[PDB]
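The next PDB entry has ibrutinib among its components.
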Amino acid sequence: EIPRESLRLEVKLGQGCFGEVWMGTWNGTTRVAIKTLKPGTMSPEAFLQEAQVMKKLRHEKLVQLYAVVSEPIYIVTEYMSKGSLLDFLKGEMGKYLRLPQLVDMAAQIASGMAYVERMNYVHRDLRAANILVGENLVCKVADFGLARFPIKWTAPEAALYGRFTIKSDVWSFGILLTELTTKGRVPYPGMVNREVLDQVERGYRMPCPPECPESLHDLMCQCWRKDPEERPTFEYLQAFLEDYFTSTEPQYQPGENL
Ligand SMILES: C=CC(=O)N1CCC[C@@H](n2nc(-c3ccc(Oc4ccccc4)cc3)c3c(N)ncnc32)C1
């Protein structure tokens, strides 16, 4: 799956903490997004044993990996039009995104994470910046396999005792639910990365966002339960969001924000 580094990048989509991501072409006609990884902790060997990212991790709502170079890498994947969900919520599209759209995008994310769950895999960092948005509201999970930081998204079990499991990503899915229902705003508004750990251990949970039904805030608190194994399945989360406007909020009327 290793092609050589003679397919070159055109447009730089953005810069992040660990490497760059570019927009380019592959074999002359395929439009392709290429994530570069600078000399951070490039596991030129333990990175190529990452043959599972690409094997049977092919799902509708997972970003389809195409190829990898074996120096600095260029993870070759599909090109998602609207970029990251975080920008799509902050941007101009936020003005017209309502709850039915936000809950559909949450259902898609749960679907792809339900696939990662069925495959007994773990995605150690799930948030709105690691989810890509195409057109017609297609969300896909990206950035799943990086082991080698967002404390406001990580479950308390995994920040203090390194216990990352699929239930740990349920926790951040709940935090991600707040990003959808606040149009990209930063969780625990007003607090800092260590002020958050004191409050979560003491029992503090984020209140109900404005205009958001408590039906959906209760689903966050199920994802924010102290005991990991009592947090809901991604199978349950997917079905819950898929049926939401029929089994849970049939009296929902579209407001001015949600
Ligand atoms: C400036 C705001 C905005 O939108 N951003 C911010 C700047 C970067 C932009 N970015 N990155 C990717 C991408 C492409 C391939 C990839 O390999 C995987 C790594 C781990 C797991 C799965 C794949 C990782 C990320 C990417 C992409 N497809 N499509 C659009 N934008 C992307 C999004």
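Chain A is numbered as in the PDB entry, which gives 261-330, 332-409, 424-533 for the residues shown. All values below were derived from every heavy atom in this structure, side-chain atoms included, with hydrogens, water molecules and symmetry-related copies excluded. Start at 1 and go down the list; that is how both ligands and their atoms are numbered.
Looking across the whole structure, one can locate ibrutinib at ligand 1.
In this structure the chain with most contacts to ibrutinib is the one UniProt names Proto-oncogene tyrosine-protein kinase Src. Within 4.0 Å of ibrutinib, judged by non-hydrogen atoms, the site holds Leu273, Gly274, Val281, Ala293, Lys295, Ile336, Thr338, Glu339, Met341, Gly344, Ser345, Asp348, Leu393, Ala403, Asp404, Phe405.
Proximity by heavy atom, under 4.0 Å to ibrutinib, holds for these of the UniProt ATP-binding residues in chain A: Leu273, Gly274, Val281, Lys295. Looking at chain A, most residues touching ibrutinib fall inside the UniProt domain Protein kinase. In this structure, the UniProt active-site residue of chain A with the shortest heavy-atom distance to ibrutinib (to 1 Å) is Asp386, 9 Å.
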